[PDB]
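ATP-dependent translocase ABCB1 bound by zosuquidar.
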Amino acid sequence: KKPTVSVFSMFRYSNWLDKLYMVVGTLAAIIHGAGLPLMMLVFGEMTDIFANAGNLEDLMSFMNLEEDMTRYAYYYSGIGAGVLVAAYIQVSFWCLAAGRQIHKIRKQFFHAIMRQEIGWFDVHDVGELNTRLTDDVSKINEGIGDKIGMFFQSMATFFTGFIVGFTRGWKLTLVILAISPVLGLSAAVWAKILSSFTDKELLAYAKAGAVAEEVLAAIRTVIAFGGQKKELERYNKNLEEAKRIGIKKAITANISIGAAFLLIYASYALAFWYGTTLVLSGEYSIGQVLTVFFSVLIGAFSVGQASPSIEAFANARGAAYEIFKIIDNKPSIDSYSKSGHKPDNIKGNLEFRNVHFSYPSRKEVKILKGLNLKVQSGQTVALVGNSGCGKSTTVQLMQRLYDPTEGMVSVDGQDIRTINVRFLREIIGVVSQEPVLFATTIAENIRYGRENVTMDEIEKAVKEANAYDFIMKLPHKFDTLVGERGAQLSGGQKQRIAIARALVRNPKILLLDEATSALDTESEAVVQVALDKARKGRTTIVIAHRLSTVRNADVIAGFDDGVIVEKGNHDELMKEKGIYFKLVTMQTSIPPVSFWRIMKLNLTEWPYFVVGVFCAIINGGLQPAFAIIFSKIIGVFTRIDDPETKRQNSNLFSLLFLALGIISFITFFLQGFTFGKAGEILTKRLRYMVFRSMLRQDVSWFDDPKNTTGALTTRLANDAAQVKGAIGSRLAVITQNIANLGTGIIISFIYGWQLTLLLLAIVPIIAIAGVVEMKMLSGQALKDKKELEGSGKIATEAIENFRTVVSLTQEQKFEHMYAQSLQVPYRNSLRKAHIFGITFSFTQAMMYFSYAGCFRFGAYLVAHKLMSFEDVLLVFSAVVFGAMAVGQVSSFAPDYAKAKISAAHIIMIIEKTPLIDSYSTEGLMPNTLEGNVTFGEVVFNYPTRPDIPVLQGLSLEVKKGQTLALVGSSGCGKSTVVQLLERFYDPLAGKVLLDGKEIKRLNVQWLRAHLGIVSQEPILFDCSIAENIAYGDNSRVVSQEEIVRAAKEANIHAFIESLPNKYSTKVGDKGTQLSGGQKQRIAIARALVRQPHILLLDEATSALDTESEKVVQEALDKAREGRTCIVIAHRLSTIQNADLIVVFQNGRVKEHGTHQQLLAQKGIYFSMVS
Ligand SMILES: O[C@@H](COc1cccc2ncccc12)CN1CCN([C@@H]2c3ccccc3[C@@H]3[C@H](c4ccccc42)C3(F)F)CC1
Ligand SMILES: O[C@@H](COc1cccc2ncccc12)CN1CCN([C@@H]2c3ccccc3[C@@H]3[C@H](c4ccccc42)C3(F)F)CC1
Ligand SMILES: Nc1ncnc2c1ncn2[C@@H]1O[C@H](COP(=O)(O)OP(=O)(O)OP(=O)(O)O)[C@@H](O)[C@H]1O
């Protein structure tokens, strides 16, 4: 973060080869940059040879104009040969040196990250650390890459040009030197603008991007509450600012380039005026004036080309400071370490004694105050207590995830503090609540625990757990491919295979932490069976929720208020009547779009396009005008006239130069203004329409795997801003290229056809040379960050779940995987360095060889009296310099192909029409609904995978005032029925009624606004508390009285009153931290403001504590009252407070009856409640 680090300390991983590369690259760069200010020295003397003979011929009316020009053809070929070799060395060597140093840094930085222990990752954000690995290293690479050689080349050009200017003629050099600072400043500004191109500016758009992300991620709730119009309004309000910022950016860029060109042409005019004054006197010659002026001007404008390199180097140092800080940091308990104490046969005897512990982030407070245990081999320890006493702190402390501030922990006599770190974490097997799985196969995940394991032990471990049927029935058996972070598998299966993975390690001291994790009922029972199967000959500390499995335990340690007080088995705790007994009583592809359609999108802004095309014509018509004026101004001295006529003509031509500069600035500003405004308006309109279309489309469209939230926001952020490049930029590029190149070719053919025909063969190569130079100066080949995606995925999945990784003792494994994934792109970059170097060198050298070829043929033609020197200059400066300008213009513009590809998607999504339209005004909104929801033989299938049906003709019938309960396995039709009753999807078959009226003819907006729902998981908006609670009945301004009475009804109007600012806190962020109980209560409060006639809930309490669950449950029970409320919950939570129970079996209903019938009969419901 600090750029104040020594220059040479940056080059710390420099081998001998890298240092030799740097020195030879620097020498080659100094050589290469001395060519252009030297070609204007040969070009000056060549002009004198042509001009001197021209005076002699005119006086006589071309003897040695063909012999002398032979020598100067060699000089151009020599300078071109040097640039052919020097430029190859400069670009390739510096890129090779940087490509090698960064490879060491990238591997070494990942070595430091894995070395750091838990606690370092608490202070250092995992997201920020992941960002530094992928972006800061790239910043370093850009800083120490080709830009250093570019800086050396620019400085060499500056010094060589000024030396040549002073040596040839000092009088003219001083005049340009006086105005040199402003030229250098303008060049530096233009270079910084050019380098800061091709990177998307999302700082302005982030405001709207946050809203888009939150809406699209939570599209279910937005559709449920019918707030889509409000979200669209908010999105437009946010979009306006980004539109303004984009307009300003475009205007600034065009102003900068226009100022650069204006200064160039003004310098031309002043220098030529003073040069004519000198030449008429006789101090100088036309060739000497050309040499001095061109050399000094190139030198002055080249000192600004090195400006981006200095800033890049400073930023590289600043970004490398933190990376080097992490590298040289030594953890105290690092897993690597160096050997350590290691017993042969550790029997296993845990020991806690005076354990005082505090979390490093908040060490001012303490959680542990003297925990002490005496569990020996073969026993079992259980922990019971309230939420907040620190029942997982000891779990993390046992396997040396931290260090106790006071006291000691011992195992088998010896203290843990003197023990080999790898051995300890190897003998300590652990499981947690979340069964995190890696992207590799199930068998590969199993092998991840211990590498040197064959298939036989994996089979044994799977047999021990419960997977030898679940994975065998699945395709691909053991090697089943885990995809999309374990999308196929569900929670219980992941937990079972995580138990198997823990079994694979064959540990000696097991350690379970909240393994239950409320995995419904059957999954929970199976997990408990697997857990008890696992615990046979192992010292375990079993922390369990619901406090039912803790009954059977050798020592049920009572974790209450730090130091454990309650102790003993169930009978002793029952006699003592402590926290254990109390809580026990408590519990018991797309075809391309034609250019015409894309053009029609921005048709409403036609005047902008008209003015822009006119300005593009006037702007592109400037290079041939410059060629004509240059040829005329040199021909003024070529011919024999009287001095006064020469002076007057030269002054006229200088004024023409100044007028050209003024026109260039004006047209650049106007073209930028018009085209930028048109593009920004088009982008805003496209984003608005795409967002509206996305909101209108049904849930099935979002459920499609291609249409993910990330993909949709990427479309809305990138493609809707790239579409503008297929109309305005395309028109400007084509118009400018035509109006310069065609005009130059036509003018050249009129004045000379032989030389034009010869020069028409190098035009493609010169244009490609300009394109290559412009695509290297802007770093377009360096902003790319592809071919490292696999390594980035490995790094992310190893740094995000670093706790599981460090508990699994796998650092060398991930290090080697990262190195292997980095190996191939290293060699690819090494080859691409040479490829790019040779391409740049050849393309640059063609520009130097063109002089020799063109002027040799021109010498022949002039000798044989077929044209004049002025015509040769006109043809050259119109066919070659025009080609350079064509190549440069065609590169400083967005790519046309990607623009049309994005426009295809934009046009596809804009015109899309849904099935369940959410904007259909047609409807039959009645007076009052009695909430009679019935289902008849309804068969439904998911749209993404219409292969196995979910519903098999359900039959359902509910009257007003009756509370219906439905129970079944997890993932069954209950959630799908909830979705379908709200008309989220379309049933394939069956009928849905509502007070005798079919659901087809009911208005969608009326239905979704006529009832309220509570989501299975708590979903919250980042708006204020007042807005988040007023996000219920929309299209109506609500008062605070309704809000407060709903909060009172929801049993939440205590915590809100116990908060600063009351009903104004920024909910979902800052320090609100509602946990889960308060989130559920505020969600049901938001659902209660609408006063729905029918209320739907689905597993509100899923993974809450043993205290906040009761408050939410009683709030739900109170909220029902006289409403047609459907309820899905965890078994006895609300199943017995209802009236009728519905049983689901493979989607279709199984039995229908009251509680007494189902309980008395030996049915499935009795089976799962026995
Ligand atoms: O390609 C080399 C070598 O070019 C030649 C070699 C040999 C003979 C030649 N004969 C005639 C013309 C070029 C010749 C020169 N580039 C030409 C292109 N510069 C670009 C550039 C881009 C767009 C508009 C104007 C400019 C000009 C300088 C500049 C300043 C800062 C950042 C970038 C640049 C500027 F703003 F003033 C870099 C140097
Ligand atoms: O092709 C033109 C015009 O380019 C464009 C025209 C219109 C629109 C454009 N839009 C985007 C990019 C380029 C555009 C640019 N060359 C390249 C830049 N000059 C090079 C050059 C090289 C290094 C440093 C400074 C310069 C500048 C002039 C100069 C004088 C004598 C010999 C060569 C040159 C100078 F010493 F003062 C020639 C014109
Ligand atoms: N990442 C963390 N950084 C700092 N303090 C934390 C962090 N996680 C938890 N704590 C604090 O550590 C203390 C003990 O946490 P505790 O073990 O009770 O966590 P838990 O997730 O509720 O688990 P358990 O229910 O098993 O006890 C609490 O005061 C808690 O706020």
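Numbers in chain A come straight from the PDB entry, and the residues shown are 30-90, 104-630, 691-1272, in order. Each ligand, and each atom within it, is numbered from 1 in the order the structure gives.
Zosuquidar, all copies counted: located at ligands 1 and 2. Entry annotation: the source organism of chain A is Homo sapiens. In the structure, the transmembrane segments of chain A that UniProt numbers from the N terminus and that bring a heavy atom under 4.0 Å from zosuquidar (ligand 2) are 5, 6, 8, 9, 12.
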